[PDB]
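Chain letters run A, B, ... following the sequence lines, proteins first, then strands; residues in each count from 1. In listed order, ligands and their atoms are each counted from 1.
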Amino acid sequence: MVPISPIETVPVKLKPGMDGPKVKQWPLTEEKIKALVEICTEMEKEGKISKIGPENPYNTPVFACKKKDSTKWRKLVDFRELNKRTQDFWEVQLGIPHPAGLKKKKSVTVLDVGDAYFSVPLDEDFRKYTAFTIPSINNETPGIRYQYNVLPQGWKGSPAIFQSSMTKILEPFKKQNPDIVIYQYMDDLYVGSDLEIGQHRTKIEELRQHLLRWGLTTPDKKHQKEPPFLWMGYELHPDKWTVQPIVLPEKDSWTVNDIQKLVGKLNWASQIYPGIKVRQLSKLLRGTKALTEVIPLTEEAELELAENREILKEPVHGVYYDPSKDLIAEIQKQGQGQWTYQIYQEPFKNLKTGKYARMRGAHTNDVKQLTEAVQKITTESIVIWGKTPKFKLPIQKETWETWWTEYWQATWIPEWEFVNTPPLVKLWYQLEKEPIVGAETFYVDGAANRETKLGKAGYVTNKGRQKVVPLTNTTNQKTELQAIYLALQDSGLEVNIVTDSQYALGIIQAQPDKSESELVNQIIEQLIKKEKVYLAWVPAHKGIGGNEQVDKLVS
Amino acid sequence: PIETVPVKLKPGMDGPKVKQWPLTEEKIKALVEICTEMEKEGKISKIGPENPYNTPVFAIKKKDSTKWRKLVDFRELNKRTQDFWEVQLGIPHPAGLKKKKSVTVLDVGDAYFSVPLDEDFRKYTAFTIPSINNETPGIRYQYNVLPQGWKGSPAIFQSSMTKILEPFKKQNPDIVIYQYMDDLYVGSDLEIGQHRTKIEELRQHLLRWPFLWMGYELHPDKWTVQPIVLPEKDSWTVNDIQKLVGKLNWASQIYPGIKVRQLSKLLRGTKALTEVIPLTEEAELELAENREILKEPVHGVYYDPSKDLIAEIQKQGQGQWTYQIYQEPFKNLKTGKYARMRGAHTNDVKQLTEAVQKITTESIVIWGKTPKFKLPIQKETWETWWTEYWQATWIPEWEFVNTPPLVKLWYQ
DNA sequence: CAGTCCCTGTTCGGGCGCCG
DNA sequence: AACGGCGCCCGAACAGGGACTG
Ligand SMILES: Cc1cn([C@H]2C=C[C@@H](COP(=O)(O)OP(=O)(O)OP(=O)(O)O)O2)c(=O)[nH]c1=O
Ligand SMILES: [Mg+2]
Ligand SMILES: [Mg+2]
């Protein structure tokens, strides 16, 4: 006979055709034995755990670990076999709150529900599916077996049930106090208002007693009444915020797992520290698949690491969101496909910063990457503030106009303005729209054997110029690119090039300025040196113009 | 007082599990206000995390409208109940709707809120309202009545809709009425004055039983086609003839009688692209013969009701967009071109959004289906902006391609 | 006409950061 | 040695289209 808590239960089923968990216990140390027998007894008197007998043919092992910066221990149930047989839940936690999205509030209070999962009841018809034995001695007493009447920590349904139950309890309080902001994340509650400090504690006590009606305790141990508030791993001050101090490890020898933690902390630090790069550090995490393997720091990865430590020296901070002012986002090019940006409302008062260094596609240009960076900033800004910021981009209006009007794919940038801060983003070469009068016309072609990997590449021109080059260990696509490379090498500043290669034409028409292919980078280098280049396409194997002639040479 | 028509998913398929995407502030404030009223009216009810299903939701504003409309992306749920709205209780498509001089589209989806939904099926209509900056967790609901945007709603309501439209169809035997999703297509050959008057009679016919006051007008009789045309120049260069032969060679995949023998003979040698080539007597004959074949209709091109529709769109630049609708490759059922749409010369995504809506509307009028689009855009670009410009109560299927224009085929 | 190749694209799961 | 959430950078597995060979 256990009392039913005021919190409405959540009906939980299992996947059809499957039963409950039947896993043997794990032999642990005697330190954990004298730290859980007292918990199962305290929870038994408080109604959070009931005892069962032989009528429950299930079992599940459990372990315990010390709480972070606390004397109290934490009990975790290894429900990995129960999670495989429990119904799927839709998580109502859609993201992580960010302090840059918080508005200015005169009074702030941070709460923390004590015994979160242990204060929300489990489904009535589901408590029988949580059986676990507790041996008082490691090999003597058989130990009486208990069950769970609340949410066990470790079950894959515990977070979603708590987050949903917490919302239903706060709904009547938020309706009675519309002007009060309550950021609800897991058990920690961020409460803020523009009321006076005296009247603010009044509503806080009203909320503490409102939650007490459902068995939710807000102890004074984790009650925060004055700044700086520690919330979501940040330091919340009345007019600014900053991330909690980030410590980077400094080992003499660097392994793989050390860099993974290093790059991870830099990604977490890049949200407020401007100018963080991880290109050359992550470049060391390629190929090798041994987490315990020493990797020497390259000269580029060491200079990148030294420049990041000097950024973390000076203290930085962010501000809060004011809905009366506009949102501004400004991007800079860091080179090598790296981009950094800052979001602010007043100049030099950054709400947050960030970086976009993703390299998508084998061939791309700076305009494409800048477009992708704008899109990442837009989606990020809608999550945090629900609106798109006005952009300040290091690209001329004319440069962007030329790109998107002549591109074959739909592309667009929201309302933005040009900011003259080098390095500016530009198009390094422009393909002509019509054939060049007076320019030598090069008919290029390439062919390779699928078996021997041997091939040829060359050209013929209207003036009689001709070249054929044998190639070893190549492909048809490489010979077509090499043919275009030969025509650019052996032509004047203006040249017309005719090819049958849809592959080569598709790469060059997109005006790439960087490529993972050395051959393409050489083609780009030639295209930049030219003054006028016209690329035309004809279907192969049709007796068309000089393409029929150069086809005989390379095959 | 109505028995819930039983609805079952297609065998072997589970309910939709699609993540909600971020929403702007104005759209969340609109959905919170709309869902609160619907909850007070019992149309929806709050649910918990024991419902593993979820469907995205956002809001739109129709053309020349300032009122927010809730829109659910039931695309996943629709193709998981396809045996219902196509086999058991289907809606016949009138072949004369596309022949009418004027066709008005009426939003009648609000009528679906009067019929209850099968209790065993309500768990699949689950959706989640997000919060700004993740202040509060997701606010999940589920539908207690027939939801708007679900292909099963017009099917179940069809028996009710026929009784409402019966006195009006008897009163006017010439007016064609088609129902697709939340919309009602009313086509008539009457003049614009007589048409809109008869439309208002139908509105009053529905009132005696929040977007019923709107009426988007169409003119399917004025719908044009964009055939393949060849350039006509006084002088031709090597580059011109090379582009022409390349265009005709690709066109041979459609019209098998197109020849390029006499035109390719003009390019014998290794000539400069800008060299002018006078057309021979045979080349003029062959080019004239090919211009007539492009006017002739393609052989064996008809609509198969069992095959999905596919729509490809090409960005031609300067506000020009071309498209083709087909079921089998090179068997186009319709080719067209759009120009000077909203966002021309300033916004590609808005134009592309408008083009998708126009094409879908035409496909509903002509065949009663929505085509699956092949969009010339990057997935991340489209998924960032398309909801900002969507003005329709349905959503078609789409995929993303990248086909560089090797030869300008549909617009010289 | 099939069956491959070459190439480039996306999807996904795991590594790390961080929150509870 | 647990659960859920979001982010990044990584590689293996997979899909799809030109192009060549039997
Ligand atoms: C940190 C952590 C947390 N949780 C779940 C359980 C309760 C809530 C909050 O945990 P907590 O605040 O640290 O401990 P809690 O149970 O609330 O007890 P108190 O220390 O607050 O009194 O999240 C979890 O399942 N695993 C974890 O590692
Ligand atoms: Mg707590
Ligand atoms: Mg070739």
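- At ligand 1, the PDB records name the drug as d4T-TP.
- Contact analysis gives the chain with most pairs under 4.5 Å to d4T-TP (ligand 1) as the one the PDB entry calls HIV-1 reverse transcriptase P66 subunit.
- The chains other than those of the drug that have a heavy atom under 4.0 Å from d4T-TP (ligand 1) are A, C, D.
- Binding site of d4T-TP (ligand 1) at 4.0 Å (heavy atoms): A/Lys67, A/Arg74, A/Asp112, A/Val113, A/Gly114, A/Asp115, A/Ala116, A/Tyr117, A/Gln153, A/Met186, A/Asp187, A/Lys222, C/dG20, D/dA2.
- In this structure, the list of other ligands and ions lying less than 4.0 Å from d4T-TP (ligand 1) reads ligand 2 (magnesium ion).
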